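What follows is a deposited structure in which one can find sitagliptin.
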Amino acid sequence: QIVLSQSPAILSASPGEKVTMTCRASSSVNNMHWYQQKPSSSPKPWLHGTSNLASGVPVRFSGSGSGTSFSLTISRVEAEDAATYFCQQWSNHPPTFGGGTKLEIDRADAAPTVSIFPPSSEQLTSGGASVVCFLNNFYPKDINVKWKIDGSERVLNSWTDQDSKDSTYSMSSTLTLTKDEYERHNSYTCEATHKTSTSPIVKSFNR
Amino acid sequence: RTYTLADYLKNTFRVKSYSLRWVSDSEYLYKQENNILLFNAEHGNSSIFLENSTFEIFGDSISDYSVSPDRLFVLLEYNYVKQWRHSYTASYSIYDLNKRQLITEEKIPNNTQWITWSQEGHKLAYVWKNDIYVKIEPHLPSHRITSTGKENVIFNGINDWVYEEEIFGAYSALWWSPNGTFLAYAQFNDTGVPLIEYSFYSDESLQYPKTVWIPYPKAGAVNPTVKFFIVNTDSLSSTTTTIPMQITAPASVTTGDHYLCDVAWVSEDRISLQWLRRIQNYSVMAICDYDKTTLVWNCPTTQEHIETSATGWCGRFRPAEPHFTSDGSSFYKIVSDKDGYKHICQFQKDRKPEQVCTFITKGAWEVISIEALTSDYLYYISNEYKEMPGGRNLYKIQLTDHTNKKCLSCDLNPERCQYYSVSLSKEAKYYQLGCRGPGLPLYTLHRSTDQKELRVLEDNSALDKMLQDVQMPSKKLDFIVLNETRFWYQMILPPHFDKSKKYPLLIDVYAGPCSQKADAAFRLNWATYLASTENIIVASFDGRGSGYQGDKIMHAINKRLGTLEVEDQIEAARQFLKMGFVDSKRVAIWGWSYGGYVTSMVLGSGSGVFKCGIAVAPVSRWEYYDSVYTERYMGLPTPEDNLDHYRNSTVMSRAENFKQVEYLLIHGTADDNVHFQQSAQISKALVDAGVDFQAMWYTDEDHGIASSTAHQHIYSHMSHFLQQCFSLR
Amino acid sequence: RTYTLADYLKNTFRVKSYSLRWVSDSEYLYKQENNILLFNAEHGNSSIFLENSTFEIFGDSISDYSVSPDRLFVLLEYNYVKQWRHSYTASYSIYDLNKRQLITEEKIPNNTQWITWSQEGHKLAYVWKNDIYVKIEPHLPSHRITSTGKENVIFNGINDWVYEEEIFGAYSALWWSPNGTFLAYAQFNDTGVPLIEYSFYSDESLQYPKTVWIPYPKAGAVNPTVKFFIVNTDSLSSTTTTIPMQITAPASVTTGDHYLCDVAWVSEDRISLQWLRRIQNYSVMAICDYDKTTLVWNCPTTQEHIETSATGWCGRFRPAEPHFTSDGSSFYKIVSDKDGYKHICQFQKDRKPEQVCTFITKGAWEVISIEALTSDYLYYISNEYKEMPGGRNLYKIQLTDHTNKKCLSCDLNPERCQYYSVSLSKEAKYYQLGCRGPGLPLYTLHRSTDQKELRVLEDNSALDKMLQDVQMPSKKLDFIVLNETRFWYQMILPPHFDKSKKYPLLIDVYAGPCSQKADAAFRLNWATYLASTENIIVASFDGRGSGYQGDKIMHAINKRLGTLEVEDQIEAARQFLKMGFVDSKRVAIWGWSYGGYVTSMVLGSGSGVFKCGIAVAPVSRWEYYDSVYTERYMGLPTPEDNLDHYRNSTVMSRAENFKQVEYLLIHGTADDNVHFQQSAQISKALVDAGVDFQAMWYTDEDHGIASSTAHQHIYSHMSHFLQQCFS
Amino acid sequence: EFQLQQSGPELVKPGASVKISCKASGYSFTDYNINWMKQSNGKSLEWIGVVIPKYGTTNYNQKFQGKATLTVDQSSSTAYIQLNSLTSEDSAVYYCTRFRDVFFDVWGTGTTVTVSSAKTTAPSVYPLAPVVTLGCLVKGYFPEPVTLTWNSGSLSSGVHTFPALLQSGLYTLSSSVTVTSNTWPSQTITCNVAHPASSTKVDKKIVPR
Ligand SMILES: N[C@@H](CC(=O)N1CCn2c(nnc2C(F)(F)F)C1)Cc1cc(F)c(F)cc1F
Ligand SMILES: N[C@@H](CC(=O)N1CCn2c(nnc2C(F)(F)F)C1)Cc1cc(F)c(F)cc1F
């Protein structure tokens with residue numbers, strides 16, 4: 001039906017700054033609607049009739065527009081506002097959705113807490129050995145994590161969503177191996193090249 | 001405070017109305033908070049018909065609905081896309097009332113150009129890609145009637161551009177039979193019709209502008225051809241081939257080019273076809289009967305009814321509707337009498353040596369419309385009450401004894417209501433009066449026998465409030481005597497109008513053939529603002545050429561479409577200067593469409609009366625406008641007919657005289673009616689003559705300039721001009 | 001009395017000039033007005049060449065003439081019908097000078113799109129219906145060179161729309177060899193190039209408007225392709241089929257889309273082809289040699305001189321013209337230094353290991369053009385004298401001794417003349433000087449050896465006697481200092497300018513890439529009226545983006561056409577306020593073409609400096625304008641490149657800010673250059689924004705609005721706007 | 001005040017069919033209408049259909065006409081959606097919403113529904129120790145939803161529940177928590193893994209190595 005195009009995918013802005021948001025239609029729309037969705041949660045109603053607040057929506061949020069270019073402005077963005085937004089149309093049946101307006105927040109920098117874990121006695125029982133490594137609390141999402149088998153460069157990654165509390169990110173690097181290959185070398189290295197650094201960050205365990 | 005420009009544009013003070021659909025003889029349908037309700041006029045109660053939850057099923061995309069005559073199915077219009085004035089595109093889906101669910105088998109296709117229920121029963125016909133389809137049951141497959149359809153070439157069951165605009169005033173060109181056996185339809189071919197081509201720029205994302213084109217017959221150019229057909233819907237099968245049957249003739253009209261300009265079913269095997277020559281002073285109403293033994297519709301010369309006019313053209317804009325009786329012998333028709341006055345007169349199915357019809361009304365006034373026709377009475381509207389042409393009142397007349405002529409809406413509220421419009425029931429035993437002006441609009445329900453008001457549907461009590469702190473203007477309807485005859489005018493006077501003081505005057509003008517700006521209707525429009533806030537007298541005048549006052553006044557501008565109504569608008573201004581409350585140095589004139597042409601011609605006359613003026617979407621010369629409308633009043637642009645006045649009634653010929661005035665030219669770039677060409681030529685002539693003027697184009701706006709923001713911009717832009725012209729800002 | 005608007009529009013005060021065409025090294029031609037006369041420069045006498053009667057047989061329909069190199073034939077142009085900026089069609093007829101009568105056998109057909117004599121002799125080549133026709137002898141039949149021509153699809157020997165406008169700057173796309181043996185020509189194909197479509201209403205008599213359409217490649221859209229050919233003209237017969245030889249463009253260039261931008265014959269068996277990628281930061285100058293045996297033009301990799309630019313684009317608007325020597329081994333073109341200054345670099349036919357070349361000029365200034373190159377000396381125009389980018393003077397430098405660096409026009413008249421233009425003879429023995437400003441224009445004849453003025457060709461004394469009762473304005477050329485860099489401006493001051501009093505300011509702006517409004521030239525235009533009559537200071541400013549001042553300034557707006565030049569125009573206004581003779585409550589800005597875009601962006605900036613402004617035929621967003629111009633500065637409008645700034649630098653996005661100003665939008669309906677679309681989108685954005693403004697279209701007017709009555713109307717309408725805005 | 005609640009997460013094989021409810025309470029259930037949505041794991045939303053509880057009138061999207069079938073029970077105030085003949089393409093999250101004749105003003109909890117030939121599998125839990133940072137690696141389950149909390153709530157700050165990732169038919173969901181140096185060595189801290197489908201109520205405390 002009407003292909004709505006969100007502009008753009010992800011957008012960042014500091015707390016207390018202005019934030020504008022637009023949904024571009026193809027044909028035409030009489031009245032554009034908006035919806036906020038936090039990761040791993042149901043979408044919430046935000047602005048109906050383009051401008052009017054929903055039953056519970058705060059007063060800093062308000063929008064306007066017409067034709068094939070509607071808008072939604074956010075006065076003074078807070079930490080809790082970090083959540084994905086979607087634009088909805090139903091001037092023409094069937095109703096359609098946008099694509100992705102992930103409202104990012106721009107915060108201060110902080111170094112990643114580099115921890116590490118060897119395989120416990122329970123996991124060695126199954127005839128295997130998964131070495132785990134942790135990186136907690138940081139704004140710069142760019143990083144180059146890599147393992148070394150006493151020099152030789154050889155992984156399962158999993159990333160956290162943006163925190164509504166403090167707008168920081170985290171990471172977990174897991175290295176799955178067998179018990180036989182685990183009993184073939186001594187030291188295990190977990191380094192990384194983060195934005196708030198230059199050379200590899202040192203953290204390891206020994207048998 | 002006053003009635004400001006913002007109040008008009010944002011539409012704070014809303015003038016309400018009461019729309020209703022007469023389903024039965026004593027039952028109607030009405031909307032309330034998006035919930036359509038069923039009302040029974042037999043009692044004083046209401047029943048829930050179809051809830052807002054049902055329309056909500058498609059969201060806000062529901063533009064309109066249409067319940068079937070049997071009250072078992074509802075046609076749900078959605079995804080509305082406008083085309084021209086009446087034509088549009090929409091998707092459709094049928095709702096079952098008993099089972100309370102949608103019919104999702106054998107659906108109506110996308111971009112359906114038109115749909116219709118039958119007169120009696122749940123039968124559906126529809127047009128899709130210029131081809132007609134028939135659907136006997138909502139759940140059954142549709143039988144294809146035509147396969148000749150092609151975009152902008154062959155139209156089956158729908159009007160092209162010129163027929164939609166100037167002839168039927170509607171997109172539909174198909175007509176169901178009373179019981180539902182037949183389905184009549186017209187076919188138009190635009191093969192020879194030349195194309196108007198303009199640019200559509202669209203949204204800014206579009207890199208290359210699109211060239212829109214329409215088959216548009218300009219004055220003198222090749223017109224479309226027409227072909228009438230009837231198809232038997234009761235004999236439709238997928239086994240046999242569906243074969244419609246064509247009605248040929250009349251032989252008199254088919255000598256040259258001609259038009260189909262009305263059609264009405266009399267009975268299940270009888271139908272009347274109105275025809276008209278390209279030279280629109282000759283109309284034939286051929287009644288035709290179905291010969292079921294040979295399967296051909298017979299049209300004898302005895303059942304034809306000729307209608308002619310030496311002074312000008314047939315009817316007001318077209319030969320009027322014939323209202324047939326139940327049996328289908330006698331039919332009533334609004335026709336001009338020997339004195340030149342539009343009155344109801346009775347015809348029988350058979351014609352007479354000289355077809356004289358018994359006029360049931362003779363007075364010095366005109367019948368506006370025939371609203372209903374019962375077995376023993378007839379309902380109609382006229383401008384008789386208090387000898388006002390601008391007035392409208394409901395009248396009742398008996399067929400047996402003509403002298404029994406009672407008025408139904410005259411003295412119900414003679415101060416508040418002098419302009420009525422009625423919506424009668426099926427057999428006219430209940431009716432709704434629609435008081436439009438000059439007071440706040442009032443809507444009431446009535447019984448036919450007692451003329452007794454059952455209730456007040458809408459009295460604008462909310463509009464009565466809100467306007468408590470506003471300086472309301474006052475409308476003054478009156479006339480003057482010019483050259484041994486009356487000529488009515490209108491004036492929206494400023495609040496608390498003082499005759500001793502002098503005010504600026506603005507002439508609101510349309511002044512087209514059979515137009516009427518001076519009436520007793522109430523309006524909260526741009527004129528209200530100019531009086532309320534800026535203290536400007538907004539006037540209007542119905543000079544020679546105007547309608548509803550006999551064919552002597554209306555046909556005065558025959559073959560002379562830009563001369564008398566030009567001069568009579570100037571004379572009207574001079575007469576207002578004599579009254580002594582008009583500032584002579586601050587007189588202006590403005591008009592839309594034909595009004596733009598009149599405004600432009602008035603300014604180009606060089607009378608010295610008008611200081612400035614505004615033309616919005618003006619006609620420049622008549623060769624650029626369409627054939628049907630232009631050739632109705634003007635001739636053909638040829639040396640053999642009337643080329644000399646075509647060449648002399650142009651705006652750009654009078655370009656040198658614009659140096660004496662301040663001119664504002666406005667025109668939408670995507671105007672399909674009065675093309676941007678016309679203003680483009682005007683402006684080019686003014687440039688060549690070396691006269692300074694003001695201009696304004698509106699990107700992608702049509703003739704109406706009805707886009708919210710464009711509507712706000714033009715009236716705000718025109719206000720600045722008028723303030724600067726009269727030295728207010 | 002003053003220099004009124006009527007004087008400008010009626011054009012009562014004609015600024016005279018002196019044209020001429022140098023036939024030989026010692027002789028030139030000039031029109032009396034009735035006749036043409038031949039003036040020998042060694043003598044001081046006249047010889048009548050072609051009488052008024054010879055044109056008068058064709059009446060007033062004669063528009064131009066063209067005498068052949070051998071002086072035996074004259075090509076008479078008539079029935080002139082303009083097309084675009086340079087393109088037009090015309091009828092032609094050859095006139096024998098010896099026999100003194102017209103050649104009426106095998107004549108030139110109607111609607112001839114282009115004609116030209118050969119460099120030597122009298123061989124004619126001409127384009128008709130997109131097909132080239134060679135004609136050795138005026139009375140001989142024509143020889144078809146190609147038969148692939150088609151209206152708006154295949155162009156043979158002529159440029160399509162985008163090549164005519166942006167690349168070559170002319171309609172001709174064919175080049176004769178020095179001796180008339182070869183005729184080079186380019187072939188364009190617009191198949192795939194989308195069309196601009198607009199309505200031409202024509203005269204009142206036309207009932208239905210006509211839809212004009214042009215193959216127009218907009219920014220990012222499909223461009224036309226190009227092919228180069230050379231045909232052997234000496235071997236053309238009606239028995240053998242004519243088979244042209246195609247040259248292949250460099251392999252590095254043909255990887256993607258590319259352009260042909262300049263062609264010059266070095267010798268008979270040698271030719272230089274200038275190529276250029278669609279991403280205009282890479283130009284290859286391939287010198288190709290003719291193979292006598294196999295009949296194929298060889299283009300070795302060793303004879304490919306590459307040009308590049310990390311900061312922006314190659315050349316000013318395109319790669320410069322190379323000037324080869326008579327032997328055809330060494331050539332000279334204007335190229336940027338290490339400091340980014342345009343100077344004359346010496347090249348050979350073969351490239352050097354890493355494209356090194358010898359700069360014969362240096363310093364913080366630029367060379368404008370190269371008018372001539374002799375065996376002994378090199379002639380060029382520069383802006384060095386008195387460190388004035390606006391100034392222009394004729395210079396002379398020796399080939400071996402670079403320090404031998406003269407100036408032939410620095411001291412002729414230092415008050416009256418600071419802006420010169422030159423028209424040299426066939427081998428720099430005589431030359432004409434063209435003093436344009438800042439005084440009344442002066443034209444004189446000269447000798448090359450000793451800088452001696454032979455005679456005064458035009459002194460503009462006739463104009464001088466008429467401008468003795470008029471209140472004359474005065475031009476003030478100067479500069480300011482921003483961030484340790486000097487940006488020059490000019491101001492058309494009102495008569496007897498009093499610095500104590502305050503005046504209204506009008507910022508005349510164009511401010512395009514490599515533009516220069518602030519100069520030392522004399523003009524009797526609309527600005528002089530606003531100063532003379534209305535007492536308005538008309539000023540212009542060459543901020544960042546302007547040329548002739550190093551590539552550091554010019555390439556500052558690379559990928560960014562709506563940010564620096566617009567705010568530098570605002571900043572320049574703020575500086576004029578500080579000077580203390582500008583009424584701050586009455587300042588405006590107007591511009592045509594790119595100036596309309598700058599004006600519109602300035603008004604939509606929200607600075608609050610300007611009260612009102614006028615944009616005439618403005619660009620609205622860069623996606624609408626053509627590819628060659630737009631992509632040179634902005635690149636491609638794609639997510640992978642520069643789509644972000646394309647969306648940001650639109651006029652429509654700044655719609656809401658126009659409520660702080662009074663805006664006048666003007667545009668011709670039949671504009672092929674900057675389509676009416678652009679203003680139509682601007683106006684539509686302002687309407688949606690709810691901003692009130694003034695507008696004016698012009699029916700069937702193009703980009704120039706050069707029609708007489710349309711020209712008078714627009715400047716009258718703009719004058720009324722400023723009277724209303726200031727008074 | 002107005003509450004919408006659906007059934008729990010689901011798994012099925014290709015070709016099978018499923019049914020999921022949407023119980024509501026607070027408002028007059030018969031008045032307002034119910035609309036259903038679809039959203040893939042990393043894509044935009046998609047409208048399926050709509051029902052009116054009063055009469056049970058339905059209207060479907062063309063894309064889901066021959067797949068989803070909607071019904072409702074007004075006595076229990078519970079709406080249903082019946083997805084017929086599933087494939088790997090149907091693997092997505094589904095929502096039930098209410099319409100105020102304006103927009104989707106009420107929303108349900110949301111339910112993930114997976115479609116795969118692989119049989120159900122139970123998670124393994126491991127206690128991770130620092131040999132301040134703890135951990136609780138869950139490894140070797142399938143469907144999707146594994147609820148992991150510490151001491152059945154309690155610990156909130158320092159928690160980073162990393163979403164699960166597929167590895168040869170084995171979902172691997174890790175977690176972490178951080179506090180002071182004094183608290184852990186003495187007092188006990190435990191992670192509580194739970195997976196409904198395989199019936200597992202697993203406990204594991206972090207012990208000093
Ligand atoms: N095209 C005209 C249509 C009209 O005058 N009527 C509406 C249709 N109509 C009328 N009277 N009967 C009918 C109908 F039967 F068609 F509905 C009057 C109006 C009209 C006249 C002009 F001169 C012009 F420049 C534009 C324009 F739109
Ligand atoms: N299209 C532009 C071309 C140009 O600036 N020059 C003419 C050609 N040229 C120039 N300098 N060298 C050359 C030539 F080599 F191409 F001839 C200057 C002019 C131009 C720029 C605009 F922004 C605009 F909106 C319109 C317009 F007409």
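Each chain gets a letter, A, B and so on, in the order its sequence line appears, and its residues count up from 1. The entry is not shown in full; contacts are counted within the portion that is. For ligands, and for the atoms within them, numbers begin at 1 and follow the listed sequence. Basis for what follows: all heavy atoms, side chains included, without hydrogens, waters or symmetry-related copies.
The location of sitagliptin, copies and all, is ligands 1 and 2.
The chief contact partner of sitagliptin (ligand 2) in this model is named by the PDB entry as Dipeptidyl peptidase 4. Under a 4.0 Å heavy-atom cut-off, the other chains found next to sitagliptin (ligand 2) are C. Heavy atoms within 4.0 Å of sitagliptin (ligand 2) belong to C:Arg85, C:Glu165, C:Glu166, C:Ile167, C:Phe168, C:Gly169, C:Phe317, C:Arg318, C:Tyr510, C:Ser593, C:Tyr594, C:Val619, C:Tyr625, C:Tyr629, C:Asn673, C:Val674, C:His703. The closest UniProt active-site residue in chain C to sitagliptin (ligand 2), going by heavy-atom distance rounded to 1 Å, is C:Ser593, 3 Å.
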